[PDB]
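Structure, quinacrine included.
Heads up: numbering here begins at 1 and tracks the sequence. Heads up, header says this was done by X-ray crystallography, 1.9 Å. Whatever order the structure lists them in is the order used to number ligands and atoms, beginning at 1.
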Amino acid sequence: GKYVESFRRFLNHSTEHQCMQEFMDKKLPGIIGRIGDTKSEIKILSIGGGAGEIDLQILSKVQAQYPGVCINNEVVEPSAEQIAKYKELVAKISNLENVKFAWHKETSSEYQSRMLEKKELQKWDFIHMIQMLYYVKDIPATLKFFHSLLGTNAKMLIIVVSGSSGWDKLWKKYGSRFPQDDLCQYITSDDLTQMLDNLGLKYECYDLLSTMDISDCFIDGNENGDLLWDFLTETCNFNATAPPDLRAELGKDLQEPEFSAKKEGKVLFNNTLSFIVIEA
Ligand SMILES: CCN(CC)CCC[C@@H](C)Nc1c2ccc(Cl)cc2nc2ccc(OC)cc12
Ligand SMILES: Nc1ncnc2c1ncn2[C@@H]1O[C@H](CSCC[C@H](N)C(=O)O)[C@@H](O)[C@H]1O
């Protein structure tokens with residue numbers, strides 16, 4: 001329950017969705033410019049679609065490119081809370097008339113296992129996995145599987161933090177000191193591009209600057225600041241349980257240019273995102 005609420009707090013204190021919106025406005029149109037060619041139905045598969053904000057922006061661009069074409073947007077999302085929010089959002093929208101939504105409460109692995117419980121693999125015209133590969137156990141198998149589901153002229157979009165983000169510096173230096181867990185992998189676009197290269201898949205990668213306002217993290221007692229610390233360290237009650245020296249060290253590094261930039265009296269952690277477009 002806190003994972004989702006924690007992520008929402010992060011979104012509320014970062015330009016993440018704004019960054020993605022910038023990408024969807026500037027780059028997506030060209031990227032999805034042919035996924036619907038010759039088709040009377042466009043199938044979009046959203047893996048880890050969460051609350052649906054980005055999914056809906058993606059859909060608006062596809063609808064704009066293919067007016068009148070029915071769009072089937074299927075979502076693989078294991079969080080009931082996320083699905084509920086997603087449905088709430090859709091229920092408020094009226095400018096997505098050619099779209100049919102379907103929500104499957106399951107992980108991508110369960111989805112994968114099941115689709116493989118049939119005779120024919122279902123093909124898709126656009127598949128996206130936005131900010132969710134960190135929670136997949138077997139990334140190479142996941143990448144290979146979903147790529148295999150791409151139909152003609154289809155594309156797969158994956159988004160994760162960039163190897164040049166502050167996350168990369170944080171994980172490399174403090175990674176081992178943080179609570180390790182297969183449930184969450186510390187991967188960046190560098191890890192993903194290497195896996196894609198080894199898989200022999202063709203792709204294009206675009207990096208976009210994004211920031212996480214961690215100003216409150218330097219205000220002791222600050223509720224938001226403390227919850228963001230938990231987020232950054234993926235440790236519940238970090239300031240209340242972490243070693244006084246580790247906390248002191250982190251507080252210092254998170255202020256360095258390698259991790260953040262200081263402007264307008266605020267500390268902006270480098271949240272540069274990588275948008276990877278994989279070809280069928
Ligand atoms: C760039 C940072 N990003 C990727 C590592 C992760 C932020 C993770 C935060 C939100 N916590 C999360 C987790 C933390 C620890 C472990 Cl063991 C498993 C986790 N699973 C999560 C699944 C969904 C989620 O979205 C609703 C957030 C999660
Ligand atoms: N194994 C898995 N397969 C599919 N989705 C998963 C998953 N593990 C976690 N998720 C989902 O991955 C999402 C990560 S946060 C997603 C945010 C959304 N794509 C957007 O960018 O705003 C959450 O909604 C979470 O429940």
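Every copy of quinacrine included, the relevant parts of the model are ligand 1. Here, the chain sharing the greatest number of close atom pairs with quinacrine (ligand 1) is referred to in UniProt as Histamine N-methyltransferase. Residue-ligand proximity, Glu234 to quinacrine (ligand 1), at heavy-atom distances under 4.0 Å covers atoms 5 (C), 14 (C), 15 (C). Not a single heavy atom of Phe10 sits less than 4.0 Å from an atom of quinacrine (ligand 1). Each of the atoms 17 (Cl) of quinacrine (ligand 1) lies under 4.0 Å from some heavy atom of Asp181.
Per the entry, the source species of chain A is Homo sapiens. Looking around quinacrine (ligand 1), I see these other ligands or ions under 4.0 Å away: ligand 2 (S-adenosyl-L-homocysteine). Close approach of quinacrine (ligand 1) to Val4 (heavy-atom distance below 4.0 Å) involves ligand atoms 26 (C). Nearest to atom 1 (C) of quinacrine (ligand 1) by heavy atom, out of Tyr135, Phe7, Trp167, is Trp167.
The side chain of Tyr134, and not its backbone, has at least one atom closer than 4.0 Å to an atom of quinacrine (ligand 1) (non-hydrogen atoms only; side chain from C-beta on).
Contact annotation: for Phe178 versus quinacrine (ligand 1), there are no heavy atoms closer than 4.0 Å. For quinacrine (ligand 1), the residues with any heavy atom closer than 4.0 Å are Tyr3, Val4, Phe7, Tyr134, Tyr135, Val161, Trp167, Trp171, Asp181, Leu183, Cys184, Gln185, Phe231, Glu234.
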